[PDB]
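Entry with methamphetamine: notes follow.
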Amino acid sequence: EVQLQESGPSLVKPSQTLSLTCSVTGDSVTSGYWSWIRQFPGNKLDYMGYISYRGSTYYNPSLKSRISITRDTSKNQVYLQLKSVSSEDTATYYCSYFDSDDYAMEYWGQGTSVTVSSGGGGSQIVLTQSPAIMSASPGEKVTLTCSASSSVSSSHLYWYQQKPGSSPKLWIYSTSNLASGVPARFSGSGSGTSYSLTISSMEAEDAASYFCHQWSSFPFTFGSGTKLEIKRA
Ligand SMILES: CN[C@@H](C)Cc1ccccc1
């Protein structure tokens, strides 16, 4: 019902300005937010900011002065402008749509890679995921954990699954609710600063990366992730 597609240069010189476009297609919308999220090499996800249905914007303090998110409703597009880029801005950029009236769904674009040839100040909740890599035999009960540096509302603790060459997919919302498309063998639990995702019985198709995410406090943050691999070569 809602598809997003990012576009723009794949290479930019330092000090130059980065400009990306997100073309939105699908059914009409009566609310919601369009966010820009980037993933650095190593797979760390970074929440950049958003522009709402009413043009209200929020920018991650670490980008505040360099970023601008705008909209051109007549042509159903959202834009991202990041000034004075450096090698630290090399990453895959994704635009995403979310309707706070419906926590169970989130849509992500295909993402577009950008390689480069802190006025703000604030605070953020750090999400730790250990171990970073994990191997399990099919049939094993698997448990992945996520520890927040500060408390977060369980209603705002989400989990995403990502496989190489694909954008993150909403997996669990509000700590223990499975998203559409997720096998019931998955479950989640937790509260305060301690959360977990469990697979009753590891299946081959479950090998992928899993990231926890919190949008209880601004700026929203993502965990470093846990790469789950299967055993037996
Ligand atoms: C669940 N993922 C959040 C980034 C969706 C969102 C976007 C904008 C405002 C609030 C919430």
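Position 1 is the first residue of the sequence, and the numbers go up from there. As the structure lists them, so they are numbered: ligands from 1, and atoms in each ligand from 1. As a basis for the values below, the full set of heavy atoms in this structure was taken, side chains included, without hydrogen atoms, waters or symmetry mates. Structure method, as recorded: X-ray crystallography, 1.9 Å.
- The full list of places where methamphetamine can be found here is ligand 1.
- Here the macromolecule bound to methamphetamine with the most contacts is known in the PDB entry as anti-methamphetamine single chain Fv.
- Taking every heavy atom under 4.0 Å from methamphetamine, one finds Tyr33, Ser35, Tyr47, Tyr50, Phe98, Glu106, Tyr158, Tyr160, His213, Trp215, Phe220.
- With hydrogens left out, the protein atom closest to atom 11 (C) of methamphetamine is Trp215 CE3, 3.4 Å, a heavy atom.
- In terms of protein heavy atoms, atom 3 (C) of methamphetamine is closest to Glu106 OE2, 3.4 Å.
- Of the N or O atoms in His213, one or more lie within a sub-3.5 Å distance of an N or O in methamphetamine.
- Of the protein's non-hydrogen atoms, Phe98 CD2, 3.5 Å is the one closest to atom 6 (C) of methamphetamine.
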